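Myosin-7, liganded with mavacamten.
Residue numbering for chain A follows the PDB entry, covering 34-202, 212-367, 371-567, 572-625, 644-731, 735-781 in order. Side-chain atoms are counted along with the backbone in the values below, which use heavy atoms only and exclude waters and symmetry mates. According to its header, the structure was obtained by X-ray crystallography, 1.8 Å. Just so you know, ligand 1 is whichever comes first in the structure, and atom 1 is the first atom listed for that ligand.
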Amino acid sequence: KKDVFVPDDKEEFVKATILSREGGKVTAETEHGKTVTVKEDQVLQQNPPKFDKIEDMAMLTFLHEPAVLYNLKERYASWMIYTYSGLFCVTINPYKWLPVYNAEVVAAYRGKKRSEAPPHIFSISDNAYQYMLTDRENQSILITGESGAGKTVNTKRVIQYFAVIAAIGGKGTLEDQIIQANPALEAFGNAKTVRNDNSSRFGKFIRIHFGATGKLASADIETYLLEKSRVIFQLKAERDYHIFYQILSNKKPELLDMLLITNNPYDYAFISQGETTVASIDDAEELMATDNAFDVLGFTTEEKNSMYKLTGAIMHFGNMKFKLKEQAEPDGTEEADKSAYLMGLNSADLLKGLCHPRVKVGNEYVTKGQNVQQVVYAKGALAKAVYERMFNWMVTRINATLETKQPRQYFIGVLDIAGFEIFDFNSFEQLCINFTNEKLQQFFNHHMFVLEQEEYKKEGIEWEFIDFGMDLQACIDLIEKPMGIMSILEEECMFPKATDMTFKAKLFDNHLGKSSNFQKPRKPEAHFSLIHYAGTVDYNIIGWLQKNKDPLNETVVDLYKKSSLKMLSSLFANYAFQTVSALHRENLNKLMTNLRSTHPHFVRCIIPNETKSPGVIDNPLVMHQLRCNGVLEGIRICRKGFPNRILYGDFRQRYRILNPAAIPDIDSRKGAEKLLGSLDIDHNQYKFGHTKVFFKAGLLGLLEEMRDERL
Ligand SMILES: Nc1ncnc2c1ncn2[C@@H]1O[C@H](COP(=O)(O)OP(=O)(O)O)[C@@H](O)[C@H]1O
Ligand SMILES: CC(C)n1c(=O)cc(N[C@@H](C)c2ccccc2)[nH]c1=O
Ligand code: BEF
Ligand SMILES: [Mg+2]
């Protein structure tokens, strides 16, 4: 009828009222008072007022782009930040504290079925918990979104839910320790970028282990590729890792005296290239939270002091000056003395190793010369290696405490990756980050559209394959397959004559005008652009070969191994071959095969605007996120297909109480048929497969309401 949506240049779609029709064209008055003429096929129907702010968009009469965008916008305007989209959930960043995560709320969500409670991260957490115990299988909570969308907040809320549930049924309980793992990792692995004041600069997969009846038993954390480069480098509107500024806050004066540092971040080259303060962050308060987290995780005084000392030694390492008399020599030794003292090394030995590294000639050696540029590069590389290895030690140390030896049967794994991002300058680390996001989107596409339809086919369910246009194989292959971007980088690696420009020429010769997703770029200079699922990203390739090989001055690595500071010697103990991109690809492939053995639960976080503004929706930004995430198609397959299915044996066991008189039937399929036929249900909402009974969206929920009533 008259109530419609029409396309708009600024807001994507607006509400309108049809005034007239003629020659395949429609004349309509918009909500913003504009009288518009558009083609008939561009006109989409508004859902009835009874579907306003609906909790599950799979139940809408009209399913289209503005129906979804407006339903989400209307819910958001009422601070209802979660919405169901078929079997998965969508969430929109509120950018403000809401009273939706308290203990009375966690208690009320316990054991609630999806429909009898509003959409929430606690209900996603609870539903995964109910499938885990009923099916006896591992679960995964996969939280997607761009940098700043709310992945980390939603991850911390999943952890909070299970720890508070366990609280009802080192220097703290397991529950208290799982909660403290995030503050500790965040001080060292998170930082202020343009898109997020607390950007996660590493990915993580947290496994929460449970016993047979659901008691919280243990936890483990796996982290992925930390952005090492931030330790020594910052762009204009960004900060180094939180920890540097947390220490400098002077909230612990003993720390400043122990690290031989001043209170000013601008006195330290490595950490003051961009911004040093953030309005939303109290670094003094954050230092306390970090220090307390180490205590709760049972770190010793010696373990905490060593992490502090190494952080402080990295600060002094950046202040080491070199000059000429092409051979470099130290331009002072004060900063070198401070570093060596904190690192349990000899100052004069360290400077000698930096200016004159050795090249191995069998069981003999030849001294190599270093210009100032070579020394400052090597000094930067060592600082990054100390930091990343210290970060890895901390993860290992947290895992030792989280390991209880209490009984385990299943887990719920929560994945919180570094989000898709676009800066003014995008380097190797942005490619690594964006590639992970593309892979995570393809895992969603494969589960929702490929495996789903293949399941119907192998089960003998009458089905016509639907091409949903959700397939990222072309861009993924461009980055990861042989002769792709990383394969070319890896091959240009271990070529003594290779340079950034030979690497660039090989990229261009193989893919420019040949690979659809590879383009020439358009403000800092860029070398190539990549058409990712979430946008076109301009990449600068300077330093990628050195970043991928990751060479270290092995003369000073040897000194690290002989350090009187136990932590430093342990960090470089096993030091000895794979490139960082080859290891990243390997770890990513391993993650994806492991996730395939779990029941996934997708949570799609959406950033509402670019200005951290609470309650304001940037319509093209929100629509773009919904489009590249496959939200509409994900809902279509839930409406069109059979989202629920149960093995005949499990079906007759669980739903016999619904009508025991109907099955007083040896064969479970015969049993399932007669049981279902005897019930007051639409006998078209279910289909019989070879091994499972398939259900239309909503029938499982109804069967479950009916069972909860008989119990
Ligand atoms: N559901 C939420 N409730 C309140 N604030 C939130 C929520 N989600 C995100 N935020 C805010 O947005 C910021 C960025 O979110 P975050 O989880 O760090 O993003 P991501 O990990 O996806 O990059 C947070 O620091 C917080 O201020
Ligand atoms: C999402 C889907 C493939 N699915 C189901 O559609 C039903 C499952 N099991 C039944 C037995 C169940 C009923 C009520 C609560 C938990 C599990 N498992 C499933 O994984
Ligand atoms: F910046 Be968020 F951690 F993706
Ligand atoms: Mg994060």
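Tracing mavacamten through the model gives ligand 2.
The nearest heavy-atom contact from the protein to atom 2 (C) of mavacamten (ligand 2) is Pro710 O, 4.1 Å. When the options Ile713, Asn160, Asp168 are ranked by their closest heavy atom to atom 9 (N) of mavacamten (ligand 2), first place goes to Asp168.
Shortest contact from atom 7 (C) of mavacamten (ligand 2) to any protein heavy atom: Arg712 O, 3.4 Å. The residue among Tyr722, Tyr164, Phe718 with a heavy atom at the shortest distance from atom 19 (C) of mavacamten (ligand 2) is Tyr164.
Counting per UniProt domain, chain A has the most residues touching mavacamten (ligand 2) in Myosin motor. Atoms of mavacamten (ligand 2) found under 4.0 Å from any heavy atom of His666 (numbered from 1 in listed order, with element): 1 (C), 20 (O). With a heavy-atom cut-off of 4.0 Å, mavacamten (ligand 2) reaches no UniProt ATP-binding residue of chain A. By the criterion of a heavy-atom distance under 4.0 Å, both the backbone and the side chain of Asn711 are placed next to mavacamten (ligand 2).
Looking from atom 14 (C) of mavacamten (ligand 2) to the surrounding protein, the closest heavy atom is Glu774 OE2, 3.2 Å. The shell of residues around mavacamten (ligand 2) (heavy atoms under 4.0 Å) is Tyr164, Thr167, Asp168, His666, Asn711, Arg712, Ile713, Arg721, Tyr722, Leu770, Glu774.
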